[PDB]
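Opening remarks: the structure here includes acalabrutinib (bound form).
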Amino acid sequence: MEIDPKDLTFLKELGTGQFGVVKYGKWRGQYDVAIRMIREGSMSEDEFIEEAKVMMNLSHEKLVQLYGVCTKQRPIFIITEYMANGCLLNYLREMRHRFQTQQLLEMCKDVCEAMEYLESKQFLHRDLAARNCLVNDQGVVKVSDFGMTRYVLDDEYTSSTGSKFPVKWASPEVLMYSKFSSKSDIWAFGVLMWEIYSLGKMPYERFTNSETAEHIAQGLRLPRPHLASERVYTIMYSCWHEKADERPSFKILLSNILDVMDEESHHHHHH
Ligand SMILES: */C(C)=C\C(=O)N1CCC[C@H]1c1nc(-c2ccc(C(=O)Nc3ccccn3)cc2)c2c(N)nccn12
Ligand SMILES: [Br-]
Ligand SMILES: [Br-]
Ligand SMILES: [Br-]
Ligand SMILES: [Br-]
């Protein structure tokens with residue numbers, strides 16, 4: 001897991017993500033990799049380094065693969081699979097010019113498979129959203145940054161009442177009681193489905209975080225995206241049940257997505 005930084009070559013600046021600068025490079029002169037440089041003073045590094053070992057034991061084809069870390073240095077490096085098509089949000093914005101609606105449901109399936117795996121390992125993502133999903137060269141979507149917000153030092157990001165908290169993806173019990181679970185990830189997954197079918201539109205774009213909380217407390221939810229059929233909207237709406245126990249698991253949700261795929265292929269075969 002501990003990688004020698006001398007085995008890394010930096011070839012292209014990719015930009016800066018939530019958790020620091022990211023660069024494309026080669027590992028051992030053989031493998032394409034993305035190199036995340038954790039921003040100084042942003043993480044509880046001691047706890048993160050211990051949690052990083054648990055994140056390393058996770059492996060699934062729809063999870064962005066982690067190769068290792070460089071911790072005998074400052075800044076810390078995280079070495080990961082390189083996702084050629086970049087962040088899902090930017091990818092969705094570009095899809096507005098050419099796409100087929102079936103592709104959107106396939107994207108939801110990819111993420112749901114990744115979350116079903118994390119669910120089976122009792123591993124919470126805690127900030128599932130399009131901004132944390134990446135797309136490879138084949139258009140496959142993969143989930144990343146699972147569990148990374150646990151040890152963010154800025155309380156404005158981790159506190160349910162913080163100004164930077166992902167309120168617009170948070171379930172009621174997260175906003176009111178800071179109760180995180182796979183069922184809160186389910187809620188966020190529903191919002192992520194809405195993001196995909198809105199082709200990267202921000203949920204509750206014209207809402208303040210305070211107005212969003214009141215909106216959710218009133219039992220109101222996001223509107224049906226124009227590209228989402230009623231059958232598809234039923235799935236993402238099931239993620240938004242007021243009570244966590246009434247939301248489906250990722251295992252059930254994946255089967256529901258596959259079933260709707262069959263219904264969609266017969267959309268014109270009913271009276
Ligand atoms: C948005 C989805 C991505 C994003 O904001 N950026 C900014 C730079 C270009 C792009 C990007 N980020 C990554 C990337 C790299 C590493 C990690 C990571 O360390 N994940 C992690 C650590 C621990 C536990 C779980 N996950 C996440 C994201 C990236 C990659 N890999 N390829 C291309 C572009 N890109
Ligand atoms: Br560079
Ligand atoms: Br088509
Ligand atoms: Br609760
Ligand atoms: Br809205």
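All residue numbers in this chain count up from 1 along the given sequence. Counting starts at 1 for both ligands and their atoms, in listed order.
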(message) Hey, where's acalabrutinib (bound form) in this structure? All the copies, please.
(response) ligand 1
(request) Name the macromolecule with the most heavy-atom contacts to acalabrutinib (bound form, ligand 1) in this structure, as the PDB entry names it. (result) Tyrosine-protein kinase BTK
(request) Identify which residue UniProt marks as active site in chain A lies closest to acalabrutinib (bound form, ligand 1), and report the minimum heavy-atom distance rounded to 1 Å. (result) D127, 10 Å
(request) Please give the covalent link of acalabrutinib (bound form, ligand 1), as residue and atom, or none. (result) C87 SG
(message) List acalabrutinib (bound form, ligand 1) atoms under 4.0 Å from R131, heavy atoms only on the residue side.
(response) 1 (C), 2 (C)
(request) Report, in ascending order of atom number, the atoms of acalabrutinib (bound form, ligand 1) lying under 4.0 Å from any heavy atom of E81. (result) 31 (N)
(request) Pick one of side chain, backbone, both or neither for how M148 approaches acalabrutinib (bound form, ligand 1), counting any non-hydrogen atom pair under 4.0 Å. (result) side chain
(message) What protein heavy atom lies closest to atom 24 (C) of acalabrutinib (bound form, ligand 1)? Include the residue and the distance to one decimal.
(response) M55 SD, 3.5 Å
(request) Say whether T16, considering both its backbone and side-chain N or O atoms, lies within less than 3.5 Å of an N or O atom on acalabrutinib (bound form, ligand 1). (result) no
(request) Please determine if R36 has a nitrogen or oxygen closer than 3.5 Å to a nitrogen or oxygen of acalabrutinib (bound form, ligand 1). (result) yes
(message) Heavy atoms only, cut-off 4.0 Å: how does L14 contact acalabrutinib (bound form, ligand 1), side chain, backbone, both, or neither?
(response) both
(message) Any nitrogen or oxygen of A130, side chain or backbone, less than 3.5 Å from one on acalabrutinib (bound form, ligand 1)?
(response) no
(request) Note the single closest protein heavy atom to atom 10 (C) of acalabrutinib (bound form, ligand 1), along with its residue, its atom name and the distance in Å. (result) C87 SG, 3.8 Å
(message) I'm curious, in chain A, which UniProt domain holds most of what contacts acalabrutinib (bound form, ligand 1)?
(response) Protein kinase
(request) Any atoms of acalabrutinib (bound form, ligand 1) less than 4.0 Å from a non-hydrogen atom of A34? List them with their elements. (result) 30 (C), 31 (N), 32 (N)
(message) Looking at acalabrutinib (bound form, ligand 1), is there an atom of it that comes within less than 4.0 Å of some heavy atom belonging to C133?
(response) yes
(message) Are any of the N/O atoms on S144, whether in the backbone or the side chain, positioned under 3.5 angstrom from an N/O atom of acalabrutinib (bound form, ligand 1)?
(response) yes
(request) Identify the binding-site residues of acalabrutinib (bound form, ligand 1) at 4.0 Å, heavy atoms only. (result) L14, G15, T16, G17, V22, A34, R36, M55, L66, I78, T80, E81, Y82, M83, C87, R131, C133, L134, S144, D145, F146, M148
